[PDB]
**Q** 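Mind looking over this structure? Questions follow.
Chain letters: A, B, ..., in sequence-line order. Sequence positions for chain A are given in the PDB entry numbering; the residues included correspond to 8-165, 188-198, 207-316, in order. Shown for chain B, in order and in the PDB entry numbering: 9-49, 55-165, 188-316. Atoms within each ligand, like the ligands themselves, are counted from 1 in listed order. Values reported hereafter were calculated over all heavy atoms of this structure, with side chains retained and with hydrogens, waters and symmetry mates removed.
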Amino acid sequence: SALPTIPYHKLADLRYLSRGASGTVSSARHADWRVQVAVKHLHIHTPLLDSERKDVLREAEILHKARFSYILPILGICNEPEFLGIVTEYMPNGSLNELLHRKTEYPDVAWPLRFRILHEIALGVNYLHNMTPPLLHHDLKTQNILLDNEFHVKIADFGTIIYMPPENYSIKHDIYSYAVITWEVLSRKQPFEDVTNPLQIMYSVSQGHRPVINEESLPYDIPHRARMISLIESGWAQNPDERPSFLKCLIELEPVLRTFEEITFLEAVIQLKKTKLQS
Amino acid sequence: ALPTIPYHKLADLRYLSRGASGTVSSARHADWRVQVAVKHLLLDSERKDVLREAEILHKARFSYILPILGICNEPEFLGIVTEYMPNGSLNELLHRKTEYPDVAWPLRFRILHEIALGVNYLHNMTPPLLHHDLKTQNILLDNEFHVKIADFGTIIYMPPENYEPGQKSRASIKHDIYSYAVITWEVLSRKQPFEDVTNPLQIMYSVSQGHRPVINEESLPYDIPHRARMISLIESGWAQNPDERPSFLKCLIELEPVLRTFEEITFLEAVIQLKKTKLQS
Ligand SMILES: Cc1ccc(C(=O)Nc2ccc(CN3CCN(C)CC3)c(C(F)(F)F)c2)cc1C#Cc1cnc2cccnn12
Ligand SMILES: Cc1ccc(C(=O)Nc2ccc(CN3CCN(C)CC3)c(C(F)(F)F)c2)cc1C#Cc1cnc2cccnn12
């Protein structure tokens, strides 16, 4: 009702970004708003395009109902014979995944920025869980966490199974994913790197194994290392009932975040952008 | 479509403004764990004025418009909840020279660019929204000094053809751009428009007759980047003839090349400098 319908011909300079499941994510410039945008457009040459339409409108309805500071903001729908899609704000600094694992482009990612990111992911998911009815994400991974021009988090949805809790091979799924993500953020390692076949991963996890917690994985200089290890281990407990709520997580995190002097967040970000611009 | 937030979910309320439509207070939402602003004012008609405002803000979601988070609608309490903007208004940034003694040029242009992006979006809605009360007091600044447009001495932002009220003045499509020109002059000078004249009727008369804030070396110093493109923009914007004034879409197009000369890192640096001086001074 409030959601603009954007004609395809109003979208200029389309550049590919991703080929997600049903179709492509591209960057563009809106000709009248003069801002950059992202657009997710499904393929037109499918026999199952009838249901494709339905999926797109259901997705836009969701994103629109879920407006919030840490959820990717939707700007409109494209709905024409030649072109079907969702338009959102464009996040110039890509995904958390890239931030963590492109060590040539991002050789230092200061601790405060990392805790901010974890705090904001929690704020986002928590808001979804507090909607009426609750929205459950059920596909959290670092690929789905986007970062705006100041490296604030925008949660989205588009190596799969590592973020999945064993009992899904549920109100307690997102928090499992968030624990792995947390391990991932503090370590900058791929969970289960030295492990080829993902069936072996599902088995190991079935049996209670988790990413390794180590001097090698989580070095001893991590601020609040021990509070954070507790959070991770609660979060990915074999028993879903031992895993905490996101609200409990935020409460555990708030004092950790209060330790950082506010200027240090901006300093962490300015450093990153400076190094990124030189790669 | 828009959450209804119970008053008892809002913790630690602290006064901020006693604006037009009610009191504006800061608070913390007990379940979302974020800070918020809340504007709280017949059970027939008072509601409609608030519900009409929330409908507007909700219809107008965009990067540079103040984001509405919900409505409070209870027997004890009626209001609108929005995101909270910790760095106050553009007005404070410009005129509190003790707290903010240097405001680097690039940050200033970014702000101007973003005000234009906001008003432009309003003008492009269906039907168009017209602001008609732009001033520096209504431009808010988020944690990284990005702009959020809002609405809550005054006549200086008003174009002369709106002095005589009516159905002409209301449907004027060229009001916001006049206000934006004065704001622009204000941002580049950090002077009050018409500081020298005591009585605001003499201001209305002078403006009736084509006079505008003074442009020169004292008001707009020679070191302003793109001084001459910017003076042109201001002057087209506040032209006596409404038809010579540009659309905000034209405005943005005139600005885009100016903004492109600043390396993007420079905006963040300007913001760091502010926060450092605000803290160390
Ligand atoms: C164009 C576009 C369209 C849609 C979506 C999208 O995220 N849709 C979405 C669907 C569902 C949900 C919640 N559910 C999860 C599943 N489900 C079981 C529950 C409900 C959410 C969430 F935000 F709420 F999480 C989002 C993102 C983009 C993007 C983009 C973009 C912007 N900058 C860049 C830079 C690089 C790459 N991409 N990119
Ligand atoms: C709680 C709250 C509620 C509402 C509004 C509000 O701005 N409502 C609004 C009404 C109409 C319009 C557009 N129209 C203009 C007239 N009109 C003829 C056309 C339509 C717009 C606009 F933004 F779109 F302009 C906004 C702001 C606040 C705030 C706040 C806040 C947050 N942090 C701080 C820090 C210090 C002080 N305040 N504060």
**Q** According to UniProt, what is the name of the macromolecule sharing the most 4.5 Å contacts with ligand 1?
**A**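 It is bound most extensively to Receptor-interacting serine/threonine-protein kinase 2.
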**Q** So what's the drug over at ligand 1?
**A** ponatinib
**Q** Which other chain letters have a heavy atom less than 4.0 Å from ponatinib (ligand 1)?
**A** A
**Q** Just wondering, which UniProt domain of chain A does ponatinib (ligand 1) mostly touch?
**A**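 UniProt calls that domain Protein kinase.
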**Q** State which residues lie within 4.0 Å of ponatinib (ligand 1), judged on heavy atoms.
**A** A:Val32, A:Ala45, A:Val46, A:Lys47, A:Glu66, A:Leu70, A:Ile78, A:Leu79, A:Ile93, A:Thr95, A:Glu96, A:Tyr97, A:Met98, A:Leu143, A:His144, A:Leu153, A:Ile162, A:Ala163, A:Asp164, A:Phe165
